[PDB]
Structure formats: C-alpha cells, structure tokens
Amino acid sequence: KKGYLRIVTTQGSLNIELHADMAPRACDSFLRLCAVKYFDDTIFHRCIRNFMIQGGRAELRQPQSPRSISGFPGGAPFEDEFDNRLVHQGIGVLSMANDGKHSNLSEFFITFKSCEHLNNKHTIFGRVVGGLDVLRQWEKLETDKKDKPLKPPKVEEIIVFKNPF
Amino acid sequence: XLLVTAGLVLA
C-alpha cells in the first residue's frame, strides 16, 4: 500500500511515492500533517551539493504550529522504521531527519546521491517518482556558510492524490 | 561529515 503526493514549491514540483507498506508510521504522520497544511510556507533550509536537500522545519516557516511536531495527536516523536529493501541509494530518496534514535517529527530530506552511511539511522519513507530535474536544479543552488540556499525553495502546497490510511 | 540532523549539525 503506497501513498502518492505532489509537493508544489516556488521553484518546481516533486511527485512522490510514500512507502506506507514499509514505513507506515512515518507516512501516516506526514499525511496527517499534509491534511492540516502544516508544510505550507516551510522552506528547504539546508542544501548540500552531492548529498541532499533538507526541509520540513516548522520553526523556519515563512508564513499553524510554530514548533516541529509529528502528525499524531499530541505531536510526540515516533520510532524509527528501517527495512533492508530501503537504502539511501541514488537520487530522490525521501528520508527522515532526526537527532538520534526515535526522534522523528516533521523534518525530512531528499537525496541528490547515495549516502548509505545513513542506512538504519534514518527512516526512509518515500521516493521522488517525478521531478528529478527540479531536484538537479536545487542541487545547484547557491548557499550561505550554514548551507542555507540564498533563495530557498518554499512549499506552496502539497497535493495528496492517495492516502492509504 | 555528511549528516541529516535537526539542531546540532555535526561533521
């Protein structure tokens, strides 16, 4: 059972498949947050060429919730979900940012290339199935000293085409 | 190094 969604940004759109079959809690949380428009106006605030771009931080929203929460009632962090068939290989892997074991809230990254040292440290919960060339343009974005793009792509909306929960 | 953290970016 998979979820399907489009992230529409000020600098391109991404078509995404969610692995609700292998990472149900992370997909559910994400879709519950999509439901209440949580990601609208958030940016992609960290971008490293040949690695990944990172988004989903409530605290950096350029505007409802001011701090980062999960999609579940209460907003508490949720546990990691790993699967051997899901590895940080190649462009367009959708995965969870964290600060150690079981600290998943709302921040995520999309890979520009393999980074398999992250396997079994980060919940991979999807992949970009369309818009790989938007991603390739993001990879070229000029960034400051802290790796924030000078012009961060900002989420206009997320269109959910299928939520299996 | 090459991490994806939320607050303390490490090497």
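A, B, C, ... go to the sequence lines in the order they are written. Here chain A follows the PDB entry for its numbers: 5-67, 75-176, in order, are the residues you see. All residue numbers given for chain B refer to the PDB entry; the residues shown span 1-11 in order. Any value given below was found using the heavy atoms of this structure, including those in side chains, with hydrogens, waters and symmetry copies removed. Where modifications occur, the residue is written as its parent amino acid or as X; contacts made solely by the extra atoms are not counted.
- In this structure, the drug found at chain B is ciclosporin.
- Here the macromolecule bound to ciclosporin (chain B) with the most contacts is known in the PDB entry as peptidyl-prolyl CIS-trans isomerase cyclophilin-type.
- Binding site of ciclosporin (chain B) at 4.5 Å, heavy atoms: A/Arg50, A/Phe55, A/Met56, A/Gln58, A/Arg61, A/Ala108, A/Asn109, A/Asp110, A/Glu118, A/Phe120, A/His128, A/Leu129, A/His133.
- Counting non-hydrogen atoms, the residues of ciclosporin (chain B) within 4.5 Å of chain A are B/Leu2, B/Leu3, B/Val4, B/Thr5, B/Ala6, B/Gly7, B/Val9.
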